[PDB]
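Take a look at the structure set out below.
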Number of protein chains: 2
Amino acid sequence: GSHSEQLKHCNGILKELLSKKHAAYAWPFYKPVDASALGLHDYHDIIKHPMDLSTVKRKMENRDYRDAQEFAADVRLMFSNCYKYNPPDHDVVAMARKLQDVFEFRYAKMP
Amino acid sequence: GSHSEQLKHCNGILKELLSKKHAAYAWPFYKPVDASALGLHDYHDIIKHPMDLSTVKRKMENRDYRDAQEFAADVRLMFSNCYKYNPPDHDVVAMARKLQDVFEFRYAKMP
Ligand SMILES: CCS(=O)(=O)Nc1ccc(Oc2ccc(F)cc2F)c(-c2cn(C)c(=O)c3[nH]ccc23)c1
Ligand SMILES: CCS(=O)(=O)Nc1ccc(Oc2ccc(F)cc2F)c(-c2cn(C)c(=O)c3[nH]ccc23)c1
């Protein structure tokens, strides 16, 4: 129920999402989506603001998050990016869901 | 794009969350959490802002959502209260995630 200890909580969420525990679904989000390499046609038109956990990690370490709601919007932006671009039956879409399940729960248990 | 079209889409989201299709996990969220009746100790302590689909439905019928974000914020709040109050291995937590999956996806597919 404070900023400095809430941001601590979000750091906690970040570490969990990046831990070896969640590696088998989390791995597409470790780094910025490489649209060229993966052949994602029009990825940069369809997707206004890219976001991944490495970006989130950086703003966290440089202390660029002013509050928790902001952390949240970036994390959800990252998943929404995935859901927007991809067909519902896409493998990565299932993976976004499983990681987001982890996100939403620990985020709900915030002070 | 603009608020009018977005909200139309949001209502269609709501409709889907209320349809028969999702009924076997959706049903806990149809109405406000009756803390008394379910014997949820301290629910109103723990949960500052109750939210359910009837409250969302009402605001939509009444045109009380100014933009799509405001719809998202209520629907996520409804899920968040669930994950906040309950233990992780609660049936209702499992049902929330299954419905949220339907929310997050179709919401990401907004024009
Ligand atoms: C670490 C960033 S990376 O770019 O360097 N590597 C990378 C590698 C595989 C990926 O996808 C798959 C994942 C899991 C599978 F089982 C199959 C996949 F194809 C994606 C990926 C990410 N996201 C957010 C998408 O929306 C998306 N759409 C289409 C691909 C993707 C990114
Ligand atoms: C809609 C009017 S109602 O709200 O009054 N009815 C109602 C009935 C059952 C419920 O839960 C169950 C779920 C799945 C089962 F298999 C068994 C259950 F009992 C909940 C329920 C809701 N929510 C948001 C919670 O956070 C929560 N925590 C503990 C219970 C709940 C609410």
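By convention here, the chains are lettered A, B, ... following the listed order of sequence lines. Throughout, chain A uses the PDB entry numbering, with the displayed residues spanning 344-454 in order. Following the PDB entry, chain B residues are numbered 344-454, in order. Ligands are counted one by one from 1 in listed order, and the atoms in each one are counted from 1 as well. Just so it is clear, the values below take in all heavy atoms, side chains as well, and ignore hydrogens, waters and symmetry mates.
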Which chain forms the chief contact surface with ligand 2, and what is its name in the PDB entry? Bromodomain-containing protein 2
So what's the drug over at ligand 2? mivebresib
By chain letter, what other chains have any heavy atom closer than 4.0 Å to mivebresib (ligand 2)? B
Which residues lie close to mivebresib (ligand 2), i.e. with a heavy atom under 4.0 Å? B:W370, B:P371, B:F372, B:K374, B:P375, B:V376, B:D377, B:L381, B:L383, B:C425, B:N429, B:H433, B:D434, B:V435, B:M438
Closest protein heavy atom (residue, atom, distance) for atom 20 (C) of mivebresib (ligand 2): B:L381 CD1, 3.6 Å
Identify, for atom 1 (C) of mivebresib (ligand 2), the protein heavy atom at the shortest distance, and state residue, atom and that distance. B:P371 O, 3.4 Å
So, regarding B:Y428 and mivebresib (ligand 2) (criterion: nitrogen or oxygen to nitrogen or oxygen, under 3.5 Å), is there a contact or not? no
Against mivebresib (ligand 2), which UniProt domain of chain B provides the most contacting residues? Bromo 2
Does the protein place a non-hydrogen atom closer than 4.0 angstrom to atom 13 (C) of mivebresib (ligand 2)? yes
Just need the protein heavy atom nearest to atom 11 (O) of mivebresib (ligand 2), so name the residue and atom and give the distance. B:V435 CG2, 3.9 Å
Look at atom 4 (O) of mivebresib (ligand 2) and say which protein heavy atom is nearest, naming residue and atom and giving the distance to 0.1 Å. B:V376 CA, 3.4 Å
Atom indices of mivebresib (ligand 2) within 4.0 angstrom of B:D377 heavy atoms, with elements: 4 (O), 5 (O)
Considering the heavy atoms of B:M438, write down every atom of mivebresib (ligand 2) situated less than 4.0 Å from one of them. 14 (C)
Neighbouring ligands and ions of mivebresib (ligand 2), cut-off 4.0 Å: none
Which species is recorded as the source of chain B in this PDB entry? Homo sapiens
How far is atom 16 (F) of mivebresib (ligand 2) from the closest protein heavy atom, and which atom is that? B:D434 OD2, 3.1 Å
Among protein heavy atoms, which lies nearest atom 8 (C) of mivebresib (ligand 2), and at what distance? B:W370 CZ3, 3.2 Å
List mivebresib (ligand 2) atoms under 4.0 Å from B:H433, heavy atoms only on the residue side. 29 (C)
Atom 29 (C) of mivebresib (ligand 2) [closest protein heavy-atom partner, distance rounded to 0.1 Å]: B:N429 OD1, 3.3 Å
What are the distances between nitrogen or oxygen atoms of mivebresib (ligand 2) and protein nitrogen or oxygen atoms, counting only those under 3.5 Å?
from	atom 1	to	atom 2	distance (Å)
mivebresib (ligand 2)	5 (O)	B:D377	N	3.2
mivebresib (ligand 2)	26 (O)	B:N429	ND2	2.7
mivebresib (ligand 2)	28 (N)	B:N429	OD1	2.6
mivebresib (ligand 2)	28 (N)	B:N429	ND2	3.3

